[PDB]
Participant: 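The following entry shows carfilzomib (bound form) complexed with Proteasome subunit beta type-2.
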Amino acid sequence: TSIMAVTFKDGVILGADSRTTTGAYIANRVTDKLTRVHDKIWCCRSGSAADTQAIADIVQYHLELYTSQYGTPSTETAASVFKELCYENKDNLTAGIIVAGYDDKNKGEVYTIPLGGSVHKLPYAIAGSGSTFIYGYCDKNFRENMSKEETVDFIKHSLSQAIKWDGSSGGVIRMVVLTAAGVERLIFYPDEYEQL
Amino acid sequence: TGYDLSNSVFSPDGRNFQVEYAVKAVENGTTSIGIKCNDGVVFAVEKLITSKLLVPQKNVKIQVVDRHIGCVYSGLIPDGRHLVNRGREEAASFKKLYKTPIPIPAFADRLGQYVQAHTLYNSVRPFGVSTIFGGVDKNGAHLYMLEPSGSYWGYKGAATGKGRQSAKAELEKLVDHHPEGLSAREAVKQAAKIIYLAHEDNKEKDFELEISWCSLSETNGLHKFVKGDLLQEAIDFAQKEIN
Amino acid sequence: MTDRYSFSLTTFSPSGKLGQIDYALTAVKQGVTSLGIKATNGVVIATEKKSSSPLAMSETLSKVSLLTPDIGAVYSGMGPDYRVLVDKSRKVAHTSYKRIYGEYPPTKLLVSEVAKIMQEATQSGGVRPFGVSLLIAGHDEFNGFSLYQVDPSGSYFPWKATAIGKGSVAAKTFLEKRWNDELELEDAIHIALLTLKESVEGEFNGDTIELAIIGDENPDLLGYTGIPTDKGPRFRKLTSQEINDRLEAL
Amino acid sequence: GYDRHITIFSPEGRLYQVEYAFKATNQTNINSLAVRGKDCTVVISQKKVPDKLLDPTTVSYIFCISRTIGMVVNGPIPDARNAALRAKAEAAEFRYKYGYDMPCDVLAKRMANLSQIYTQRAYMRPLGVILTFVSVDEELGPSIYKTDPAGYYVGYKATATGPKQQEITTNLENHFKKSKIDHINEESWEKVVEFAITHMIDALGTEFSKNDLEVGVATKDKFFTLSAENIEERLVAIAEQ
Amino acid sequence: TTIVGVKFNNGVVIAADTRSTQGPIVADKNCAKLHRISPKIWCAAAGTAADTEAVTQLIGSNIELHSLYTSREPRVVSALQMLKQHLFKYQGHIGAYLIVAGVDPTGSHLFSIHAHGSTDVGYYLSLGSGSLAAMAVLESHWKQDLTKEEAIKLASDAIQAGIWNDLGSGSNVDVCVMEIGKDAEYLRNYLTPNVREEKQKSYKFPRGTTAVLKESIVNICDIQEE
Amino acid sequence: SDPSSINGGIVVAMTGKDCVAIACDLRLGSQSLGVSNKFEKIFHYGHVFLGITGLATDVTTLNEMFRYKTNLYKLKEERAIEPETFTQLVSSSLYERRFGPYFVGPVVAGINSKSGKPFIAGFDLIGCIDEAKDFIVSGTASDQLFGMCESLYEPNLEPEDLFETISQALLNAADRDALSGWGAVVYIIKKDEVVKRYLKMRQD
Amino acid sequence: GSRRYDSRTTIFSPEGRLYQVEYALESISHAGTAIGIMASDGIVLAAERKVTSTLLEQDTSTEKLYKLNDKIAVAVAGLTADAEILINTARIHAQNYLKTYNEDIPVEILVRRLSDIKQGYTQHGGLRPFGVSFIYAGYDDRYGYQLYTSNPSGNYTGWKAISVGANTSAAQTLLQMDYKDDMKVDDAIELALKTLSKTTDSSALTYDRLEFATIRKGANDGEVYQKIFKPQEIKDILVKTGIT
Amino acid sequence: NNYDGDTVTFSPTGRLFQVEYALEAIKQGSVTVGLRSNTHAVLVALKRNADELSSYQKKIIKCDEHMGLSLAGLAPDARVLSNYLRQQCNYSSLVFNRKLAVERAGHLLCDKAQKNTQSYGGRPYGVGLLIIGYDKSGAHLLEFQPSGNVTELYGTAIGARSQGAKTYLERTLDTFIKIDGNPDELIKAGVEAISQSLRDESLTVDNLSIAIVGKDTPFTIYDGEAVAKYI
Ligand SMILES: *C[C@@](C)(O)[C@](*)(O)[C@H](CC(C)C)NC(=O)[C@H](Cc1ccccc1)NC(=O)[C@H](CC(C)C)NC(=O)[C@H](CCc1ccccc1)NC(=O)CN1CCOCC1
Ligand SMILES: *C[C@@](C)(O)[C@](*)(O)[C@H](CC(C)C)NC(=O)[C@H](Cc1ccccc1)NC(=O)[C@H](CC(C)C)NC(=O)[C@H](CCc1ccccc1)NC(=O)CN1CCOCC1
Ligand SMILES: [Cl-]
Ligand SMILES: [Mg+2]
Ligand SMILES: [Mg+2]
Ligand SMILES: [Mg+2]
Ligand SMILES: [Mg+2]
């Protein structure tokens with residue numbers, strides 16, 4: 001798995017590869033690892049497929065019930081609910097989750113939640129097995145307040161490299177754009193991103 | 001008849017007489033008020049000096065919930081404390097799960113549902129307090145008042161206890177004469193005046209004034225007690241207006 | 001915040017009466033008429049759709065309920081009590097039978113389970129009895145067609161034909177004259193419509209009458225093909241049009 | 001006479017506590033109405049703010065239960081809020097367990113089953129409320145389902161609740177007798193709201209300002225309440241024809 | 001086991017081989033692995049045989065009660081949600097690996113679910129020991145906008161690949177077709193490419209060949225009258 | 001250590017023309033030590049026959065359990081349980097001990113009294129059903145029984161022919177297993193008569 | 001609180017009686033009569049149905065006579081639904097005993113257990129008692145043929161012949177008059193039907209009004225057979241004895 | 001009348017009669033006085049005997065080194081509540097290494113008493129308490145009533161004829177508050193205060209019970225010949 005979320009001028013963009021593995025067999029080559037927990041709060045999933053689905057389903061439930069009572073939850077609140085589940089059930093879970101969302105007040109925000117269940121607010125985040133190969137690249141090429149086109153290219157080039165070197169990552173590059181304008185889904189096929 | 005002997009029994013009217021009897025305990029208590037201002041809220045209460053032996057400024061009645069919500073009540077004082085203790089548990093579990101401090105409307109319903117639950121069974125007694133509470137959240141200032149039935153609404157100004165009619169009249173004048181709004185420092189002065197004017201209903205024993213406030217500009221959106229020079233300035237303003 | 005009612009609310013009075021059961025039976029008497037008739041090749045159950053308002057959509061309120069594919073139920077008395085009993089009856093058919101034996105219970109044993117639930121509301125702590133009488137019609141392989149009545153006490157009896165609720169005394173007399181052991185299902189439907197017309201005041205048509213049968217297997221209603229042994233539900237609710245057709249030959 | 005204090009049968013086969021809960025329903029002295037369009041379901045209710053010290057924005061008897069389901073209550077606000085919180089929790093739990101949005105009629109059934117339990121179990125009192133649930137259901141289309149303290153529920157072409165319910169009911173009955181259809185044949189929800197307000201004005205015989213009404217609208221995939229200014233726009237259009 | 005699912009124009013088809021094993025021995029040559037959850041929701045099972053049966057029957061029972069409660073025809077997403085939460089709770093110990101398909105008022109659907117409780121969406125899927133052989137065929141011949149006839153053909157070919165090349169799979173091909181606006185058609189033993197040849201010899205014995213010590217009638221009847 | 005092979009033993013069942021046969025060996029041991037030569041493994045509840053191999057304490061426990069359940073069934077239903085229904089009851093009862101199972105290999109055999117149809121079934125220890133047309137095998141010599149049955153069996157055998165086939169399948173399978181044998185019993189079951197035969201076999 | 005509405009079902013009166021037990025017995029006195037008669041070669045159970053309607057399906061009906069196991073049966077007087085709760089418990093107890101000891105339960109042990117359950121409802125739990133009286137007819141290899149009765153108090157006693165339900169005073173006088181120790185089953189059948197025929201509140205005793213059963217050690221080769229009589233078989237025995 | 005059967009029932013004028021009846025048990029109890037200065041806090045208690053052969057019932061209970069109370073009413077209820085205070089003082093020490101504030105001790109007693117007034121089955125506490133202590137904000141005196149109401153005071157008295165001592169303290173307020181660094185003079189003022197509530201009987205050696213806590217003084221109880229000095 002290779003996943004990332006990147007804040008930019010107009011909001012935040014989430015990105016992921018589409019590979020699911022059983023040993024060295026690719027169980028699913030067109031996986032969707034970008035999952036909606038609220039209208040404009042999404043997450044990138046890595047680790048156990050079962051665990052991250054179970055967690056994400058519970059978080060979606062908690063935020064739906066939050067919305068009914070208190071109105072739209074903040075991205076920080078969504079991250080806190082993820083954290084609570086990951087921290088308290090750390091002994092029984094294998095989940096590495098990036099939470100990304102758009103408010104009008106706070107604009108684009110990214111929170112990363114690694115294995116222990118700690119929370120870390122960051123301008124961008126990378127995770128999954130394939131992320132190890134792009135720490136160097138991402139640190140050198142990330143700038144704050146990038147444009148939409150620049151941020152799409154940054155994620156496309158980054159995950160392209162993660163896919164190239166990690167056997168556990170591959171397939172298509174899926175992205176989800178979160179701005180005031182709404183929610184846009186993007187897809188990029190091997191013939192496009194391999195030749196970069 | 002017999003419909004008033006047990007809590008949660010509907011009378012033929014469709015009324016719960018035990019709740020209406022709890023309201024009488026509230027009406028018997030000392031006067032307490034709330035004033036919504038431009039960027040916050042002000043709370044004030046009448047403390048009856050039963051004896052010279054009471055230590056001044058020590059028997060504090062107004063209570064804080066979390067760091068941003070103030071609570072005051074009239075009626076059975078222990079019932080009010082029980083409700084605030086629950087309010088503190090509700091605010092803590094909200095902050096634990098969701099990170100952000102509990103919004104005031106959210107907090108209002110937590111108290112409301114808990115008070116309402118004490119009208120559902122004969123094994124419990126209704127609350128013998130009406131509670132005025134509020135503070136500052138992300139959406140601004142909010143003032144609420146909650147009755148023994150579990151009923152609550154938002155308010156521009158609120159009052160309960162023995163001097164409530166007197167206080168309600170004074171609050172209604174402020175709403176008419178200040179449509180653009182009232183400042184936080186103004187609301188403290190006016191709160192002192194209203195408690196002093198409402199004291200004519202409890203005029204036998206002399207009393208002690210106690211004020212608190214939350215304001216975005218004056219207290220950084222945190223609940224604080226009015227103390228020292230600012231308290232004395234409000235007492236002097238109140239003493240001048242009655243004379 | 002405690003349930004302190006751990007004691008019986010139904011007790012014996014000096015005369016030997018269980019008051020709450022009698023009073024529940026009185027609530028059943030006030031309820032709308034429903035009936036059941038058993039034929040040689042089927043069973044019919046029927047009742048009036050007493051609409052509380054003409055703005056209300058009476059199609060949404062189902063007085064006649066499927067319990068299993070071969071068992072159906074109708075009532076007289078308190079509608080909400082009936083609705084929760086239908087929920088519990090459907091569930092107990094699975095939990096205490098289908099999940100053990102891999103097949104639906106026979107009519108008499110499902111009746112027995114419903115009866116048990118109603119008995120318990122007549123003895124357990126802090127509850128009143130159910131304010132309904134049920135008529136349960138069904139089929140199973142070894143007992144054939146059957147029709148049962150269940151009362152607030154938990155008592156149940158098998159019937160060739162009967163009626164319960166408002167005009168049950170008159171309706172039972174009407175059925176005694178018309179019923180014989182050589183009736184076909186169509187004859188029983190005809191007799192059910194005649195009997196029910198006497199207890200209805202206002203409009204009498206497919207939209208104000210609710211009628212269902214336990215009859216032949218309906219493979220067209222099954223929803224799938226490929227298993228010869230699964231031949232379809234014997235329970236079928238008659239449509240508004242199907243009722244009106246038989247009212248012309250009445 | 002302890003058969004009138006708890007939910008056990010009287011000698012007549014009656015539950016007096018259920019009947020008295022029905023009377024608590026009208027304690028607020030508010031009338032509500034619900035109608036169905038082609039693409040929508042509209043619910044209107046009277047709004048009365050007697051005290052000048054009240055914040056009028058917080059005074060409401062319409063609740064957003066889920067994204068698709070709205071609920072208007074006739075009855076005291078504590079019991080209304082009790083019912084609202086439970087319905088919200090039940091709607092969310094349903095989505096989590098079964099993977100799709102709780103239908104309006106199913107939520108109505110669930111809340112009615114809970115109300116039934118309070119009529120059978122002694123330690124719990126009935127809630128003194130009538131709950132009118134509205135949505136545009138993805139299978140059944142525009143939907144109105146109403147629950148009461150007896151645990152009774154049914155679907156409706158249109159409905160009305162409150163002290164003057166019968167006057168509203170007959171007004172609506174007479175309209176549907178003319179048109180010979182189960183709904184308001186109208187494309188936009190705006191005109192269906194205008195119909196609802198107009199027929200309440202005719203039935204009650206009172207005029208309404210922007211602050212005297214409260215409106216809820218269900219469309220496909222959302223339920224929302226109108227602001228005072230949105231209602232004013234509705235009132236202007238009624239007056240101009 | 002080899003099980004597959006394939007989406008088409010107006011529905012979805014599932015298929016399975018008919019072999020069940022106990023160690024290296026074939027326990028049943030004509031096993032039925034296509035389980036009906038509800039009339040139009042069916043699923044193919046692989047893994048621990050008792051677990052797949054128990055899990056389909058439990059969720060099928062609760063789906064039936066849910067359908068009666070809501071007055072609505074059951075949805076595939078509901079069967080999926082109930083199956084995954086049950087399997088997650090048991091942390092993989094319930095060894096059920098399933099392909100869940102069906103038609104409902106929302107449309108046609110195809111999912112897979114694994115024993116630990118993860119699910120996936122796809123136009124074509126395979127599970128069991130023969131899933132690699134089946135997926136090879138699916139990855140070579142699948143296209144968008146398949147007809148009913150093309151999808152049945154592709155699904156059975158994918159099972160055949162499992163039958164011939166995987167020692168875990170064998171015998172016959174079972175198919176179930178679920179088309180929108182139609183009854184689901186279960187095709188038991190849709191292909192039979194593994195009939196045993198006639199034996200060379202008859203092994204019927206002469207009567208009296210086996211040595212007997214004692215004979216007796218067994219009373220199977222109840223206690224008699226008179 | 002392995003509970004399924006402490007005591008030893010086998011059961012086999014076969015269908016014929018308007019008949020079924022079920023058979024078992026008589027050995028009970030503690031690994032190498034032969035203890036009993038009278039330990040029968042076939043029981044009956046009305047007209048439904050149940051054979052059970054595996055851990056002997058569980059064989060006895062499950063016999064007593066299904067006697068209990070089929071007695072209550074009969075009182076409530078007012079009829080004897082049928083083979084198809086009993087099969088489901090066995091499966092339900094085994095699977096409820098999913099994570100602490102009975103270490104057994106049950107085999108159901110009988111004729112449905114209404115349809116007259118011959119019926120056999122087998123199960124694993126957690127209750128999975130194998131409903132075979134031809135034959136069912138169980139026990140420590142199951143491999144051996146599978147081989148014998150798969151070669152010796154032909155469909156539609158008359159009762160007296162089916163006796164010879166099932167007996168030879170059992171005997172020759174038992175003689176290739178250390179923990180089976182020590183005697184054998186064969187039930188021939190027809191719609192309204194059941195014959196039980198003890199077989200002469202080698203006593204080692 | 002809830003104390004206000006508690007009837008207090010498990011208290012003594014000033015005279016030392018259990019109110020609810022006494023009132024339950026009053027309920028049972030209105031139920032249809034059931035008679036048990038024990039002979040040297042068998043037991044008879046006869047009972048009168050309460051709800052005469054021509055439209056009642058009799059051949060599939062069971063309100064009075066229930067089977068507990070192959071050796072033991074009961075006749076019911078009182079609330080049928082209450083009785084069925086107890087019957088199913090007794091059926092389970094019998095099978096628990098069979099599972100444990102591999103022997104059919106002795107009659108007294110089953111009777112004691114059910115009677116202890118009834119007793120419990122009179123001493124604790126605050127619930128109403130079961131409004132049921134049973135006649136137990138059974139056989140075991142210790143005492144042979146046995147008749148018992150139990151009532152809502154949980155007290156049980158053994159009998160040569162006994163009645164429960166309606167008109168027991170009248171019924172017990174008639175049985176005490178005509179019963180003898182050397183009596184046989186065929187004679188006991190006649191006595192049971194003659195006693196019901198005189199005590200009945202109905203105009204005449206007919207086949208559609210009766211449930212009838214026998215427990216004989218007159219089965220093939222010294223076993224015990226429970227015969228629950230069919231409607232036609234009750235009609236035949238009514239003609240044979242000379243009542244219709 | 002009809003509204004006094006249990007603690008869960010309000011009367012039509014909003015009163016809780018069971019709580020008021022519990023309050024009555026305090027008035028029947030023997031007199032006890034509390035007072036304080038800035039440095040010290042004193043309890044004085046008139047102990048009651050059953051007859052001349054009996055002992056005099058102990059009125060004062062130690063809760064911690066820096067806190068204790070005197071009782072009036074049902075003594076077993078004072079034992080339950082003082083045990084609770086002992087535990088809460090102890091919890092504060094073990095978990096936070098912190099001597100429990102006297103004001104916070106009062107809040108805990110209030111909330112414990114309250115729960116018994118709102119739930120069915122239970123009864124209110126039938127005792128009143130005077131808690132003295134010295135903490136980080138100096139000397140303190142509290143009055144506890146079993147309604148839940150707890151009050152901080154310079155001085156007070158509870159029990160039979162307690163109004164006499166309470167009036168004296170109301171006059172003496174300005175004098176005794178200034179008795180700093182002089183424990184014997186503060187006790188004298190307490191003994192003179194309790195004397196205003198006496199009729200017929202006078203203060204003997206085994207009748208009187210005194211306790212004191214202060215700046216460099218642990219909570220200590222004086223009985224017997226230790227109080228002969230003050231008679
Ligand atoms: C590809 C990636 C970089 O790992 C990325 O994180 C993705 C993200 C998902 C799609 C959200 N993760 C996977 O693909 C996981 C990787 C993983 C494997 C094992 C433990 C943790 C993570 N793959 C799965 O979760 C896989 C999905 C199935 C195929 C639908 N599940 C398994 O492989 C299953 C997990 C068991 C498990 C669960 C939790 C902790 C530890 C173990 N494992 C097996 O089935 C093992 N397999 C081994 C080979 O023989 C067959 C059995
Ligand atoms: C065959 C296949 C290609 O793998 C395909 O997935 C099928 C699909 C089924 C029919 C839906 N799977 C099987 O046939 C399984 C394969 C399997 C075996 C063992 C573990 C997991 C999977 N077969 C069975 O489940 C088999 C069915 C019987 C033959 C009817 N059962 C067993 O082999 C049984 C499993 C026991 C078990 C217990 C706990 C956890 C998991 C499994 N094992 C035995 O019977 C072994 N032994 C027990 C003691 O007596 C002697 C035999
Ligand atoms: Cl429900
Ligand atoms: Mg790669
Ligand atoms: Mg109730
Ligand atoms: Mg051997
Ligand atoms: Mg040997």
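A note on names: the letters A, B, ... follow the listed sequences, proteins ahead of strands, and every chain is numbered from 1. Part of the entry, not all of it, is on display, and contacts are counted within that displayed part. We count ligands from 1, going down the list as the structure has it; atoms in each ligand are counted the same way.
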Participant: Curious which chain letters or ligand numbers map to carfilzomib (bound form) here.
Facilitator: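 In this structure, carfilzomib (bound form) can be found at ligands 1 and 2.
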Participant: Please list, by chain letter, the other chains with any heavy atom under 4.0 Å from carfilzomib (bound form, ligand 2).
Facilitator: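 Chains with a heavy atom under 4.0 Å: E, F.
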Participant: I'm curious what the deposit calls chain F - any idea?
Facilitator: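 According to the deposit, Proteasome subunit beta type-3.
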Participant: Does some non-hydrogen atom of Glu53(E) fall short of 4.0 Å from carfilzomib (bound form, ligand 2)?
Facilitator: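 No, that is not the case, since the closest heavy atom of the residue is not under 4.0 Å from the ligand.
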Participant: In chain E, which UniProt active-site residue has the smallest heavy-atom distance to carfilzomib (bound form, ligand 2), and what is that distance rounded to 1 Å?
Facilitator: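 By heavy-atom distance, the nearest UniProt active-site residue is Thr1(E), 1 Å.
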Participant: How does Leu125(F) reach carfilzomib (bound form, ligand 2), by side chain, by backbone, by both or by neither, if only non-hydrogen atoms under 4.0 Å count?
Facilitator: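 Near carfilzomib (bound form, ligand 2), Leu125(F) shows its side chain, while the N, CA, C and O stay back.
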Participant: Is atom 20 (C) of carfilzomib (bound form, ligand 2) near the protein, in the sense that some protein heavy atom lies at less than 4.0 Å from it?
Facilitator: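 It does not; no protein heavy atom is within 4.0 Å.
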Participant: Any chance you can find the covalent attachment site for carfilzomib (bound form, ligand 2)? Residue and atom would be great.
Facilitator: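 Here, a covalent bond links carfilzomib (bound form, ligand 2) to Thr1(E) OG1.
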Participant: What do we get for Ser129(E) next to carfilzomib (bound form, ligand 2) when only non-hydrogen atoms under 4.0 Å count, side chain, backbone, both or neither?
Facilitator: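 Just the side chain.
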Participant: Extract the binding site of carfilzomib (bound form, ligand 2): heavy atoms, cut-off 4.0 Å.
Facilitator: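 By heavy-atom distance, those would be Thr1(E), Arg19(E), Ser20(E), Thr21(E), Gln22(E), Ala27(E), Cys31(E), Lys33(E), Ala45(E), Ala46(E), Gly47(E), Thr48(E), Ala49(E), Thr52(E), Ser129(E), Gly168(E), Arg98(F), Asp124(F), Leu125(F), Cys128(F).
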